[PDB]
Amino acid sequence: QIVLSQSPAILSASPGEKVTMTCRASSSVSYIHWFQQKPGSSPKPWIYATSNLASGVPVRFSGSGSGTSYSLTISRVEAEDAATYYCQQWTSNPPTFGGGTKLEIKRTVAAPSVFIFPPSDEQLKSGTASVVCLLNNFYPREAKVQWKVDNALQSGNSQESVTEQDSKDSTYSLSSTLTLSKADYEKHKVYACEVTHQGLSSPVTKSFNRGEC
Amino acid sequence: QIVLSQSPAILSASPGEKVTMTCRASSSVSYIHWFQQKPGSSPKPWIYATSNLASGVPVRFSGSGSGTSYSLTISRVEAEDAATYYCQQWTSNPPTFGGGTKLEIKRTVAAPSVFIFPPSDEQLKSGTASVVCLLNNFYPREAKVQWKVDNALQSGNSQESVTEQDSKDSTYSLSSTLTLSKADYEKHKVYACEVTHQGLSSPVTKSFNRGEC
Amino acid sequence: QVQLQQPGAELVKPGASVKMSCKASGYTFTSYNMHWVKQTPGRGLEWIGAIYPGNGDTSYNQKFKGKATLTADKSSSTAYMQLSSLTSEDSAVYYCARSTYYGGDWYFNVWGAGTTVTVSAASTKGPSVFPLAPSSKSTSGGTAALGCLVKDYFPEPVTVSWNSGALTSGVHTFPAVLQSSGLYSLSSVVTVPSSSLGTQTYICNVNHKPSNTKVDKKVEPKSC
Amino acid sequence: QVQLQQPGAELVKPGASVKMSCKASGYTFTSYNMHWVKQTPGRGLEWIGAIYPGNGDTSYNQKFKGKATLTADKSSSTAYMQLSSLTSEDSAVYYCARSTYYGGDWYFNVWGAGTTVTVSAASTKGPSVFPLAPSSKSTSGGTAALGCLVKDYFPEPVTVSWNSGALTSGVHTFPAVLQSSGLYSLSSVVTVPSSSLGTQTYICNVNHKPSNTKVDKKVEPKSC
Amino acid sequence: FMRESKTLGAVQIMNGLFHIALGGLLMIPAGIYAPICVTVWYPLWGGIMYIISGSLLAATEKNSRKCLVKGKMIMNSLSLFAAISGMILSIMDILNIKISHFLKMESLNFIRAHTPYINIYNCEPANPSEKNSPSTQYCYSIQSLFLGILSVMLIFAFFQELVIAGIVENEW
Amino acid sequence: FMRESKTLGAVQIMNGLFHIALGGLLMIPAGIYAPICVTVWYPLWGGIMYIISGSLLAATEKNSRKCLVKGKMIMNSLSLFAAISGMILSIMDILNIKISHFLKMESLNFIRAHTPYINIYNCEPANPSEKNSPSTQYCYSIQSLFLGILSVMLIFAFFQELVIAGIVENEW
Ligand SMILES: CC(C)CCC[C@@H](C)[C@H]1CC[C@H]2[C@@H]3CC=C4C[C@@H](OC(=O)CCC(=O)O)CC[C@]4(C)[C@H]3CC[C@]12C
Ligand SMILES: CC(C)CCC[C@@H](C)[C@H]1CC[C@H]2[C@@H]3CC=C4C[C@@H](OC(=O)CCC(=O)O)CC[C@]4(C)[C@H]3CC[C@]12C
Ligand SMILES: CC(C)CCC[C@@H](C)[C@H]1CC[C@H]2[C@@H]3CC=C4C[C@@H](OC(=O)CCC(=O)O)CC[C@]4(C)[C@H]3CC[C@]12C
Ligand SMILES: CC(C)CCC[C@@H](C)[C@H]1CC[C@H]2[C@@H]3CC=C4C[C@@H](OC(=O)CCC(=O)O)CC[C@]4(C)[C@H]3CC[C@]12C
Ligand SMILES: CC(C)CCC[C@@H](C)[C@H]1CC[C@H]2[C@@H]3CC=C4C[C@@H](OC(=O)CCC(=O)O)CC[C@]4(C)[C@H]3CC[C@]12C
Ligand SMILES: CC(C)CCC[C@@H](C)[C@H]1CC[C@H]2[C@@H]3CC=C4C[C@@H](OC(=O)CCC(=O)O)CC[C@]4(C)[C@H]3CC[C@]12C
Ligand SMILES: CCCCCCCCCCCCCCC
Ligand SMILES: CCCCCCCCCCCCCCC
Ligand SMILES: CCCCCCCCCCCCCCC
Ligand SMILES: CCCCCCCCCCCCCCC
Ligand SMILES: CCCCCCCCCCCCCCC
Ligand SMILES: CCCCCCCCCCCCCCC
Ligand SMILES: CCCCCCCCCCCCCCC
Ligand SMILES: CCCCCCCCCCCCCCC
Ligand SMILES: CCCCCCCCCCCCCCC
Ligand SMILES: CCCCCCCCCCCCCCC
């Protein structure tokens, strides 16, 4: 068994700028293979034989390197390449895949916009309650959220999921959805969702009311 | 170097009858390959991996065999398969091709028809002379010819070429063309071309004249 | 034209046995190999073994030599992978990709869709989708966000569309997160102009294959 | 769609040098190999060597290690084979066929047209074609034979058609035979009904590529 | 056995040279994972010291004061130590190459450069279609011949260990 | 050298032990074309007769009447013949494996069955794309290992020839 390690694990490259990633191995493999995968899709083959290119590839990509060190060179990286690249070898049984370099687009920062969706009547009639706060067009990944109900700050009662990087419109989207029981749902009336970020200067907050709309 | 020999060199099989040819080798080759070629054409691949079939092959063919002996089996041979089969291996450098089994269609015999073409005026005006005798629809290959001029039999003054086996109309065609100088061309007037064969009972002869037609 | 067909997903109870399927078309099933790989986000993608339909020979690795077995038949041009002794730590995606000697060495010419297996004792739960009506806040804006939150559903594979796939741009698919009790919850929102909110209809049609549950609900903007 | 293009034929004087060409299209020229073979009726078909365009490596055999050399370039996607020290016993057909690892071992997927080289000191001679007028013999028959004898021509490659390829069935292509002086002579006849002899025209168009000589003569039946 | 201590030294030095020859024979570049008996360079110093011990036992054979008598016992004890060590490495490496690999030690840098794309410890093709191919037969032959070398080295080491143990039995 | 011809007896014994060891090691299944020293079966009887000669020379070292004195000369002459033959065939097979083969002697039937799809004398792939592949590196390792076997066998046979030539020059 031959272990393959590639660094860095995650790198951010500005559009229209040369970027290079390296894939080293614990042994001198005869040839190396590079594959990329998209969310909800199979890893499409990208580079074979360490020097050639698979069908349907942009001309910008050009793989090279010899010996125990192999590198991937991009002439001009764009937002279309927002995926993870895998390093694969075929010298020794069994073949072992690499870790993965998650490409990131490094453009100018953007001020996030906050949107709050009050729960519908059918949600209450079902037996639960759920209010959704929307986060979009923000960079970097970190985005602190502090829900306030009845002038009280609550933390640790919600879960957040990070989606894939958007191509052109936005960069990242954080799902800051707050869940609670019906007793606490009827205990409070006014709900607020304030998100602070390095982009916007003054933190904007959207607040609604319960029993009116 | 591994030598490959296959027998028989030439075999005749009746249409709609099972026929099998063998290809032995001086060494136990890992796999065997069978190719067929047509006149004025490249040898198209026929059988690979000793068990599979290439694209565009009839289902009748089925190759088998293991070890130092490999055989080709035909469920129903037809006139469409009138070609030569080659035996090829890939175990040892360099690969060596086989000899070749020339398939022949063994149907009922046919009586040959004789046609004689007198030379044209432009042939004489060029400075030479050539009379062509046509042989067709005869079997087997052997077809004796004995040109007679001025009630004299001449032999050894002509050359014959054997063409490929016809598919449906005929079986073999022999080019019995007689060549001679202008002096002997004008020396004699009547020319005859009689061909004897096992097919026809009474040898038919076609004779013409010089200076009239 | 070469492609490999695989089932979407299925649920397997722990300690049971499941059989995979990978149908091949457009090429000689006997000649090419039938390599299988397994991808896990925690530990990356790793090899599991391969099978040759030509002779029935199989190859594995010492890590998972006895965990899985491979069996393929040339009559149906399909390869079957059977898993034994399922474990809660065996919830990943299994891919079916052929291998060819291209460019001087073995190379994965084509891959497969893959199966997202789920190992959990929880029973099947229907996809509960709820509307997210936008509110008439002070900030009017030129665009509005319409979402259809889906929570308390099983299993993970679920597809959320809009107007039967009419709207594609501006969508934000949020990956689901496992809950404490063993349930999934995700969200999906689309950005549309606020001027067309009162004219163009917006409906989300959630599709559930394991339970054959399809719901086409309508979300309408709310004026507060 | 994969195919390899080769020149028809050319004449080489003994002791000279000739370069072969094999253009490849429809597939990656760099990835696949460029195997070459030589076929001779006297001693069968034998290997001559191969070249890999990817790295430029070449392989030969001890029989003809120094007789021929191989050189290929990836810019034009063409492979060049150069022959040295031509000999009168080197008049055969050279084929260009790629090799792929298909079915478990190396296999010639596609072949090439091939070049019929001729090694002779004789000068180029135009194709002399003569008519063969049928005679009104006693046996009328329902069919008649029309031929266009070609003799005293160089080199061997020559194509004889009828009505620009309109008539294909009933043709009998007779292979040429070498003469004592070093010249070729062949024949070609077609069987047509005698009833249409006086109505439908029959012309043979001999084509000669090395000399760019094309003759379209007309043959007419003779009533004796 | 005290009758022919001169010939016993010749046998010991012959065994040492056979060990040296086998060790140099095992240095042929084959796989980045060299045998456990080579990466420690056991045949080199072991064989040289067998040469020294056998020569000492078959050089003087007289009542030398300090050069021969005093050093003979320590040389024999070191010989027993090296022989049992060689037996242990041989028994370990036979199972290392024939059953499974449990101590993975890389080969030398200067010898692994010639053949860096090859491995012999675990050669089972990932593509099952290559099972009946020369690529696996070559590795099978490599493994078989390496196992034969290991077996012959083991039997020579065991015989030498027996001989030197008998020598120590003679000289309390 | 008439002083300790007994030690030379043990030399011949050890040389026979290693000769039969190398003969057994040569018949590892690798290619249908066995080495020229294998198909002739030289190492087996060579080592057996070396052991016989060493036993004859290192058994009694007394003045036996007919069983030893009469046979010693003929055994020594046969030993010289066998040793010069071994040297000749070894240095011939070295060129056979390193240069183009000029005798193609087939291997034994029972040993060629295991590996009938492989060859070792020549390996230059018809596909040049496999030049930097394990398929050729394995054959190169096989060739180097076999050449090492040939070299060690050749040098040991030459040393045995020198020793037995000394024995014969001692006994006119
Ligand atoms: C252990 C003690 C007693 C002896 C030391 C062993 C060395 C004398 C041997 C062991 C392996 C041999 C090496 C095996 C392989 C090669 C490759 C060889 O490469 C070539 O020159 C080949 C050229 C060609 O292929 O034509 C250079 C010599 C070398 C390093 C040999 C040098 C001598 C080495 C190191
Ligand atoms: C007793 C000494 C002094 C002389 C005899 C030594 C060798 C001629 C003998 C001893 C043990 C024999 C070995 C005993 C067992 C085997 C197993 C045999 O099977 C395998 O290891 C794998 C075979 C395969 O891969 O097919 C290979 C030959 C071998 C090493 C034999 C090779 C020849 C050996 C080393
Ligand atoms: C690797 C193992 C399994 C086999 C090794 C075989 C030989 C290399 C060994 C086995 C016993 C050894 C023998 C043990 C005893 C003697 C007696 C010795 O002569 C005597 O001691 C005779 C006493 C006298 O002359 O009175 C000559 C060397 C010899 C044959 C030794 C030579 C080397 C032998 C044959
Ligand atoms: C030359 C004199 C002194 C010793 C005779 C040598 C034999 C003892 C050795 C030489 C090669 C060995 C053979 C090498 C390879 C094999 C393959 C082996 O096949 C198997 O059983 C392998 C089974 C598996 O792979 O699990 C059977 C034993 C055999 C014939 C060995 C039997 C013993 C042989 C003939
Ligand atoms: C003097 C004796 C009693 C002890 C030493 C014997 C071996 C340790 C030495 C003697 C000659 C050496 C050989 C000298 C030359 C070479 C050439 C060398 O290069 C090759 O043959 C090919 C290397 C390659 O393929 O890269 C391989 C090692 C080898 C056989 C050496 C292997 C180790 C050998 C056999
Ligand atoms: C393969 C070739 C190139 C190298 C072989 C090296 C050794 C196996 C040979 C070389 C010289 C041989 C030595 C030649 C002389 C002797 C002397 C002999 O003792 C004596 O004759 C000393 C005389 C006395 O005691 O007075 C002990 C064996 C020995 C070392 C021989 C042991 C084996 C030796 C070292
Ligand atoms: C007392 C003789 C020397 C014993 C120790 C031998 C050491 C050899 C060098 C180290 C071997 C391992 C090298 C790993 C880098
Ligand atoms: C007789 C003692 C030998 C000791 C070991 C010497 C061999 C060289 C050891 C170093 C090899 C170079 C590798 C260094 C990384
Ligand atoms: C002969 C010197 C003692 C050797 C004891 C065995 C050494 C085995 C190799 C070293 C093991 C190292 C394990 C990896 C750290
Ligand atoms: C005298 C040596 C006996 C064997 C020493 C231990 C060897 C390792 C144990 C056997 C293998 C177990 C680990 C397999 C992964
Ligand atoms: C000082 C005398 C003993 C020297 C022992 C040297 C052992 C290693 C010899 C080979 C070294 C590597 C050579 C590579 C060219
Ligand atoms: C006097 C000892 C025997 C010498 C002759 C050995 C013959 C061995 C058998 C023949 C070897 C070649 C076999 C070819 C089939
Ligand atoms: C010590 C004398 C040995 C003579 C050779 C015996 C080996 C067997 C020879 C026949 C092998 C079987 C093959 C017959 C075709
Ligand atoms: C040791 C007995 C004499 C051997 C002489 C050399 C024999 C070489 C092999 C036989 C050659 C046969 C040539 C093919 C017929
Ligand atoms: C003592 C042996 C010297 C060499 C004996 C002749 C070997 C054959 C001649 C060298 C090879 C020539 C033929 C090459 C095809
Ligand atoms: C009569 C005692 C000497 C016998 C020598 C036999 C030599 C050949 C031994 C191996 C024969 C092949 C065994 C295959 C199973």
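Letters A, B, ... mirror the listed sequences (proteins, then strands); counts begin at 1. This deposition comes from electron microscopy, 3.7 Å.
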Indicate which of rituximab, bimagrumab, epratuzumab, certolizumab, adalimumab is present at chains A and C. rituximab
For rituximab (chains A and C) in this structure, which bound macromolecule has the most atom pairs within 4.5 Å, going by the PDB entry? B-lymphocyte antigen CD20
Under a 4.5 Å cut-off, which other chains come into heavy-atom contact with rituximab (chains A and C)? B, D, E, F
Could you tell me which of the UniProt transmembrane segments of chain E (from the N terminus) have a heavy atom under 4.5 Å from rituximab (chains A and C)? 1
Count heavy-atom pairs under 4.5 Å between chain E and each chain of rituximab (chains A and C), and state the chain with the most. chain C
Tell me the name listed for chain B in the PDB entry. Rituximab Fab Light Chain
Name of chain C per PDB: Rituximab Fab Heavy Chain
